[PDB]
Participant: 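My questions all concern the structure below.
Within every chain, numbering begins at 1; the chains are lettered A, B, ... in the order of the sequence lines, protein sequences first and strands thereafter. The figures that follow rest on heavy atoms only: side chains count, while hydrogens, waters and symmetry mates do not. Structure determined by X-ray crystallography, 1.6 Å. Just so you know, ligand 1 is whichever comes first in the structure, and atom 1 is the first atom listed for that ligand.
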Amino acid sequence: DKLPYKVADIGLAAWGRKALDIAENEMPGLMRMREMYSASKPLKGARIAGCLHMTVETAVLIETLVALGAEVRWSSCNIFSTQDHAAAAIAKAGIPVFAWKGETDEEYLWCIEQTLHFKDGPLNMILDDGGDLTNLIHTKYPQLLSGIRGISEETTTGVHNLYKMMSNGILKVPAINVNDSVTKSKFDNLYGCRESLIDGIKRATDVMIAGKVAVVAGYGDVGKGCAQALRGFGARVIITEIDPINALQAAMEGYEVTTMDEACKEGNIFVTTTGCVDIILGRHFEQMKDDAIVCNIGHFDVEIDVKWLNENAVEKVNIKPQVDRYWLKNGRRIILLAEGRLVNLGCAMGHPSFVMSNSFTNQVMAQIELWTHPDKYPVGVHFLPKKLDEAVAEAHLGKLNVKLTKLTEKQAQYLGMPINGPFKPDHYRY
Amino acid sequence: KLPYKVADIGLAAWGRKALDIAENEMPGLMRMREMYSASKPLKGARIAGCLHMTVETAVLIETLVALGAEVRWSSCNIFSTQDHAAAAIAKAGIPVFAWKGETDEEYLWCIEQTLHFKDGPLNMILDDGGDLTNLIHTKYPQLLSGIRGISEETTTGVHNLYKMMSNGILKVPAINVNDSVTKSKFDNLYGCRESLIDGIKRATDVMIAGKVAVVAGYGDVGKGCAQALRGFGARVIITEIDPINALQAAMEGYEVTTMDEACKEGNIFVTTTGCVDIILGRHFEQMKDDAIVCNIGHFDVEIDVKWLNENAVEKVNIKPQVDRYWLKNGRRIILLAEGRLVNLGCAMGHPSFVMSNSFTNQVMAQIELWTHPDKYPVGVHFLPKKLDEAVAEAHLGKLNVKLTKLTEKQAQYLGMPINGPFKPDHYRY
Amino acid sequence: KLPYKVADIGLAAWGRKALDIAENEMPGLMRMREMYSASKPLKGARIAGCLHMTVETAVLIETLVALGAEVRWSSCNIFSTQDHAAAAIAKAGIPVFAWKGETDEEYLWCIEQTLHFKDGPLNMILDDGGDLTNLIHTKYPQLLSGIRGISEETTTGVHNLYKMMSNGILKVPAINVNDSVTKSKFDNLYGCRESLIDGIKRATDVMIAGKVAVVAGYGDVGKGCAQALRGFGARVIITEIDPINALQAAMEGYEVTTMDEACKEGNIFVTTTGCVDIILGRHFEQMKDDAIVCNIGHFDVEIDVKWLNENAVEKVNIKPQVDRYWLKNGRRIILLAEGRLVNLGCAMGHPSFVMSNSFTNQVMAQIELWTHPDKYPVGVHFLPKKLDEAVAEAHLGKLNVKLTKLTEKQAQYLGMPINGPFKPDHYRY
Amino acid sequence: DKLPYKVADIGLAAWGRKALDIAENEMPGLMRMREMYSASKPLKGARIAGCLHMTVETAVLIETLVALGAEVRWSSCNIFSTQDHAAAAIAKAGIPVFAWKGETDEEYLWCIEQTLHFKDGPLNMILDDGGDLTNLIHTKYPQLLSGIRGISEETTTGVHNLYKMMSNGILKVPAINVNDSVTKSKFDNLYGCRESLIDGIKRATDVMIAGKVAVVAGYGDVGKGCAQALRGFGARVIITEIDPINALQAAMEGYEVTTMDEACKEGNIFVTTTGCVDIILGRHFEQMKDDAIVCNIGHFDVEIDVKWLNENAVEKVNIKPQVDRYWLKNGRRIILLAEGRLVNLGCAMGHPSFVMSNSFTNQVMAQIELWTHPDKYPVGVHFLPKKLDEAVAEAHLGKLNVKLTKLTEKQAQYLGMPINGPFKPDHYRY
Ligand SMILES: NC(=O)c1ccc[n+]([C@@H]2O[C@H](COP(=O)([O-])OP(=O)(O)OC[C@H]3O[C@@H](n4cnc5c(N)ncnc54)[C@H](O)[C@@H]3O)[C@@H](O)[C@H]2O)c1
Ligand SMILES: NC(=O)c1ccc[n+]([C@@H]2O[C@H](COP(=O)([O-])OP(=O)(O)OC[C@H]3O[C@@H](n4cnc5c(N)ncnc54)[C@H](O)[C@@H]3O)[C@@H](O)[C@H]2O)c1
Ligand SMILES: NC(=O)c1ccc[n+]([C@@H]2O[C@H](COP(=O)([O-])OP(=O)(O)OC[C@H]3O[C@@H](n4cnc5c(N)ncnc54)[C@H](O)[C@@H]3O)[C@@H](O)[C@H]2O)c1
Ligand SMILES: NC(=O)c1ccc[n+]([C@@H]2O[C@H](COP(=O)([O-])OP(=O)(O)OC[C@H]3O[C@@H](n4cnc5c(N)ncnc54)[C@H](O)[C@@H]3O)[C@@H](O)[C@H]2O)c1
Ligand SMILES: NC(=O)c1ncn([C@@H]2O[C@H](CO)[C@@H](O)[C@H]2O)n1
Ligand SMILES: NC(=O)c1ncn([C@@H]2O[C@H](CO)[C@@H](O)[C@H]2O)n1
Ligand SMILES: NC(=O)c1ncn([C@@H]2O[C@H](CO)[C@@H](O)[C@H]2O)n1
Ligand SMILES: NC(=O)c1ncn([C@@H]2O[C@H](CO)[C@@H](O)[C@H]2O)n1
């Protein structure tokens, strides 16, 4: 007596399928997983609850998991990130999906709850992005924990939470940290944001980047890509940081590194990338240039104090969906994107398919590892082996017409490594 | 007769909000309003405009009206109208005939609606690409003697004016706005550096990083396009006919080769030449699977779209202005905006700040021609450097740029007028 | 009289090896030799040259001689001579009066040695910065009627020629070589992009990454300098008097402010203005400890070196052309090349490939003035675009650039001559 | 009856001292070690044999070790890298140093042998760059191993050798891998090469970079910096790689990735960064463009087959020290820099002082850790703790006028980290 799916408009499915066809041809990693494993069906018996942005890219991931034998039920991990034509295509394919663009907070929680119960029993695998599904099970459904073989987690904030859960004795299910595969963190977080930040800002505002001062809070993988994107279009980028190593990197790349207390007086565009609370506050907003654009690409909605704007502005003018222009008591305006929620996914289409093929090939590999080799994965947080990490990269080289060199026997002996790798030590930072 | 013709007048409120935001990004145009709204230098002008009907152009239109002109408007491209901007203009009582997705015949009908005002025929032309200019000269020559001047926005349009003049067929004075320094070195370069990728992304959501991109032409537009693609991690290959532009591209680290070679390597193709026959059937047949092909230069003639329509074995419309073709060789080609300007057809054109440079020049040109016509005999003219410098200066405050002033000692040393102009007429910036 | 005067003729063999390497990087000059060595268009010319006596200039000198000229040479800067290049020229029998580290009086003596040949006084000038031009006009006016033409290398020199002409005091026709497209947009820009950092590094070995660098001026030289510093991870701040150049710098992501503000922040200061009084005592007094200060523009007047010498409390010579001053405030300033051109004074100037563009223009200018003087009345002239394009084309093969040729259909469409020139005279590239 | 030092010309000492004074003011990390530890003298009793490029930067390191109480004896680890004025200043200061620019291979070995015996006994600490000192002791002087408390090793190839020695049971002394401190590998190897490669090429050849094709073999930290430097000056850079992850990084940065077998036909400049043998061979040289410039910035002299040039060229013309122009049987010329040895140190001045202050502050810290806390360091290869790594970066922020943000108590609680760090997990790649 439960809904089979819930999406904005299943009639968008034909357009969705065209977008999926294009994406498949950009995602050789996922297509190789299908070629290699569609017959052997390694995920047979798996019942995967997924909580991850319901985008065209994610649809390709979902169909890969199903091709490999899994049953899947899906929700988005963000109220604005669903692409309704992708959700429609997945629903039309008979896969239970509960996701649409513009969910309320109540609807969001309800959608996750729809993914827990399958025909043959409760979920036995978690594929998570940000840990909401992980946390829901541990907090509200502890009786389901014993039946879950593994968790794979997509993003930096999610994995931070898993390590904290483990250190405090709260984690009860083995997890693979997908974020920190080399082929995820050094590609998705960096090159993905380098394209999708600007895409979000532009679709929302059509603002010129050239000539502006842009303030980027944080200089981790996300901040590095955001800063590079903005600099490339001729913004002058100012960085804030708490970590002296990341701060020194930023200075050595030619960026001014200062505090938000100083930078708020100069920025025309503000991007938060920190995964931390209380980055942009009332005292900052009051000092900003007129029509400063403020957005978050890090986590949830707490980097920016959106509550302060709602409480203190004279008026909030909605410009269009996910774009609000606040008029402050000082007579100046602030343009806030996506209510302070992820701007690339909320105001544009998130990362492009090619780089998401890296991240999602790691996801499929992690699901196969946890489902088929559980003995290798005790309760705790684990990485994929370097050999598989390398294999993700190798699967994407052909599409780019990259010609990789093979070591000669003489060179392999000289270096003391195998011809087929792995080629780097475990601590290598790339 | 119709007061206007637009897609949906109900879009006017949203249009107005977008115009409000754009005004705050366009200090040059707002300064023209501050300076000239009382004195109304364009009183008596009846300006027919043919220029992409975007949010940015709406700000220009309302500036012309604030300065006392009567205006009637059409777009210069069948896909470039932003319907909310058109609706806001219509709602404000200004005759505009423009919508996204015109037929070719509707396009001409729209230009024709701009020619006659209550008080008489048009007496000024504001053009982008020469269609209004050519229409009057070829079909309505009886209207020419009543037109005081033409201002022309874009490289292809000004090329046509110079050709008309050399052939003795130009009959109205024109100002070349494209070749103001503050237009050509800003709009054509930095505008395309942002809006090319915006068009490609909204249309395809393709990853740029890791791709080979082939840019045909390395003029102002090609320079901006190449820099954009390289910034996102594409490997950019350039084609050129001019050895100077070619050497520039080589000295910036780009491979410069022919399209006959580059067609085998590119994943993304962008034409920027203003020339016919850049991408042909023999090129399409060699392209990598799902190569994305688009034009940012002129009209629809850089890419042989006719060839694709006639020779593909499948053609699937993905969404408006995005078509995916399957060739006999089994490979696919993705064509944007039917080969028409991709930045305006698949996205929103250049952002407002840089359009404020171009459009401040347009307002200055209209004022010069309308109020000082004897300074402009039949022929093609530039705005004075002093005015060109003034356009730039008007945008410095928004960016918090602090300009240095020469001391009297330094001005004497340089033999330079202390308030400019600061460069000789041949200076290339 | 002396056959030459150089530091050490024993350096000639090493000089010749360096010239051999440079010739293979200078296809424009080598092409001039291939085309004109038999016909000897410069037969009868007696060229006095005043231009940095470097390896690159040695290739130019031997090209002029190959084309039939007699030549006598001096450097235009007291620190820019490369002694091995000077020795190779001297060994080849060419009168050259140049060494690194001349006194100001020796500098003038060297120019004076170039004026008289066996067959009579000079009849052509090849100048860089106007010193030879000014010397003749002011001290040897009786020689003017015997001089057929002047070609001038650099922005400051051509500025002086235009001033002379407007004041009615220029008495010999001149060609402005600086403002060939293939000179100004290449040498001034890409040359400085490499040779500024070479000068700073050889002098100081300072890390660029992490520093704030202040570049005064954003013309061709300032653009090249700023890009170089940014590429290595310096944060670059720009000063400018021209609102157009200022807006360019802002649109490229640089902070544009005054020297009065920037002096408090910079670790490296580079002057590129061609103007007096850019860095003054009030600036030095505010600078970060061990700020490195240098000039790449003109003469020694951009930086107030007199102020440092008079006001520092300590001055220590680190090595040739590097001085470290201690100010009364206890902080240190490092001054390069006594405020003279840092790229030529502390390193080797621009690399040979880009100098081949500049120097091919110089050879073309000398040929034009010597063989077609009636085309050049007294005044300041440009080389024709056709020749400018030819300079670029002559360098494409070395870089393996493949230039596209228009089809006859395309040339008709564009109304363009199929072999060029391809751009109108106002084109800015 | 042994020499007290051996240098090119001790009369260069006054110029050397001026260069050292300038460098000190660029090296706040080393100067902070002096401020903090010159009175307590933590290295008292240490007798450190050092084998590391005898440059101005290294002189500042040497004087720091002596200020901290160590006795030191020094040699260079490269026959061309010594800066004779720096060596003179160290000799004049009474420190035994055996180093000059342009040593023969025999003289090189002799110089290392001079650093082993002190007045009060044999060395009891090793500071090494490339492992020659480490290998000499293990192979020729095993009886000295028991008296050595620790090894600190500077460079990637050196540390590779230490791990191999450990895996084969040959390492008998505890070692700290300095190369893989974050503040070394991500700064020295990357930003150092980004400046010093071009400096070497320019001083040797004065070649224009703009317009050229440059081929960079390897895209690790060194290759990344070299490629960026060359691209910045307008070369078109082609990368070769054996590792699919590094290769994908290069492609995503806009470089063509192909094999040397293809790239040798196109390159005008060749830079080897691999640490591997047999990168540029006869079959490559024969296909190169006329006057191709060929150089190595990786390891020793075996990346480039210099022996092939010597055996097969028609003639070798010496242009000036460390620059040779070979005329081949095909009539074309090859310009080889520094006989295939490190081009940045051999043809220029190596990395600038500021970034060497990061590397050498790690060296001082490693010497203090091994000398004063030996119980923490069993036989094996170890990293410096992240807290010290962060402290190296923090010590350089003031010179750059960087303003680092401090977490609030609320933020530190939210993130679950200490206000004073460390701020990243052990696996973080920066
Ligand atoms: N929107 C997306 O598509 C996307 C993609 C990847 C990751 N993410 C999210 O982005 C965020 C950042 O991810 P990351 O991988 O870059 O993590 P990271 O740990 O590499 O970088 C975060 C940086 O923020 C800095 N920081 C923390 N608090 C700060 C403060 N108060 N002020 C200034 N700097 C501060 C840290 O020192 C760190 O260097 C995470 O929330 C992650 O889940 C989003
Ligand atoms: N979409 C836009 O927003 C936008 C903006 C500005 C200009 N434009 C248009 O873009 C086009 C280019 O303008 P521009 O200012 O760069 O002009 P330009 O003259 O500076 O550059 C065009 C270049 O194309 C080269 N070229 C010509 N034919 C060629 C061919 N067959 N193959 C390779 N190269 C060839 C020329 O040598 C020239 O360097 C024009 O049509 C102009 O109207 C469009
Ligand atoms: N060292 C070299 O190898 C080399 C090479 C080429 C040119 N030059 C010399 O470099 C200088 C600059 O040449 P260019 O071609 O760039 O000329 P330019 O005219 O293009 O640029 C100089 C810029 O300085 C700006 N300026 C003038 N006075 C200023 C001041 N007080 N403060 C800030 N900005 C100011 C001007 O607005 C102008 O934009 C000239 O002296 C020229 O002869 C040297
Ligand atoms: N000259 C200097 O100042 C300097 C500075 C730092 C490091 N180094 C040295 O530079 C070298 C590289 O150091 P790194 O830190 O970049 O190491 P790295 O391991 O990060 O990079 C080396 C790269 O070379 C690649 N490689 C190996 N064999 C190859 C082959 N046959 N063809 C193509 N690519 C190949 C590897 O895949 C790797 O990515 C080492 O020898 C190191 O000791 C020199
Ligand atoms: N197009 C997409 O589906 C997309 N774009 C970005 N992300 C993921 O969103 C996560 C943040 O929630 C990041 O870790 C990315 O991997 N997914
Ligand atoms: N946003 C806009 O209205 C816009 N964007 C680009 N262009 C103009 O379109 C012309 C090409 O028709 C160029 O010359 C630009 O000036 N207009
Ligand atoms: N290597 C060289 O001989 C060299 N380098 C730079 N310049 C010239 O020096 C002039 C400044 O005097 C500039 O216009 C350059 O053309 N010459
Ligand atoms: N200026 C210098 O002393 C210098 N420059 C580079 N390197 C070191 O040289 C090692 C290679 O032998 C690298 O790991 C660098 O840390 N030292």
Participant: Okay, next thing: the drug at ligand 8, what is it?
Facilitator: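 The drug there is ribavirin.
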Participant: Identify the macromolecule bound to ribavirin (ligand 8) in this structure with the most contacts, using its name in UniProt.
Facilitator: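 The largest contact count goes to Adenosylhomocysteinase.
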Participant: Would you mind telling me which other chains place a heavy atom less than 4.0 Å from ribavirin (ligand 8)?
Facilitator: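 By letter, the heavy-atom neighbours are D.
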Participant: Taking heavy atoms under 4.0 Å, what residues and nucleotides bind ribavirin (ligand 8)?
Facilitator: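 The heavy-atom contacts are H53(D), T55(D), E57(D), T58(D), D129(D), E154(D), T155(D), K184(D), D188(D), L342(D), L345(D), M349(D), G350(D), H351(D), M356(D).
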Participant: To check your reading of the model: name the closest protein heavy atom to atom 3 (O) of ribavirin (ligand 8), its residue, and the distance in Å.
Facilitator: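 Residue, atom and distance for the closest contact: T55(D) OG1, 2.7 Å.
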Participant: What I want to know is whether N344(D) and ribavirin (ligand 8) share at least one N or O pair that is separated by under 3.5 angstrom.
Facilitator: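 No, no N or O pair falls under 3.5 Å.
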Participant: Does the entry name an organism for chain D, and if so, which one?
Facilitator: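 The deposit names Mus musculus.
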Participant: Report the overlap between the UniProt substrate-binding residues of chain D and the residues with a heavy atom under 4.0 Å from ribavirin (ligand 8).
Facilitator: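 Heavy atoms under 4.0 Å from ribavirin (ligand 8), UniProt residues: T55(D), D129(D), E154(D), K184(D), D188(D).
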Participant: Can you report which non-hydrogen protein atom sits closest to atom 10 (C) of ribavirin (ligand 8), along with the distance?
Facilitator: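 Result: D129(D) OD2, 3.2 Å.
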Participant: Which residue holds the protein heavy atom closest to atom 17 (N) of ribavirin (ligand 8), what is that atom called, and what is the gap in Å?
Facilitator: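 Going atom by atom, the protein heavy atom closest to atom 17 (N) of ribavirin (ligand 8) ends up being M356(D) CE, 3.4 Å.
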Participant: For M349(D), take its heavy atoms, then give the atoms of ribavirin (ligand 8) lying under 4.0 Å from any of them.
Facilitator: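 Listed by number with element: 1 (N).
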Participant: Starting from atom 5 (N) of ribavirin (ligand 8), locate the nearest protein heavy atom and write down its residue, its atom name and how far away it is, to 0.1 Å.
Facilitator: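 I find the closest protein heavy atom is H351(D) N, 3.0 Å.
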Participant: What residue and heavy atom of the protein are closest to atom 13 (C) of ribavirin (ligand 8), and at what distance?
Facilitator: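 Looking at atom 13 (C) of ribavirin (ligand 8), the protein heavy atom closest to it is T155(D) OG1, 3.7 Å.
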Participant: Is the closest N or O pair between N179(D) and ribavirin (ligand 8) shorter than 3.5 Å?
Facilitator: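 It does not: no N or O of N179(D) is found under 3.5 Å from an N or O of ribavirin (ligand 8).
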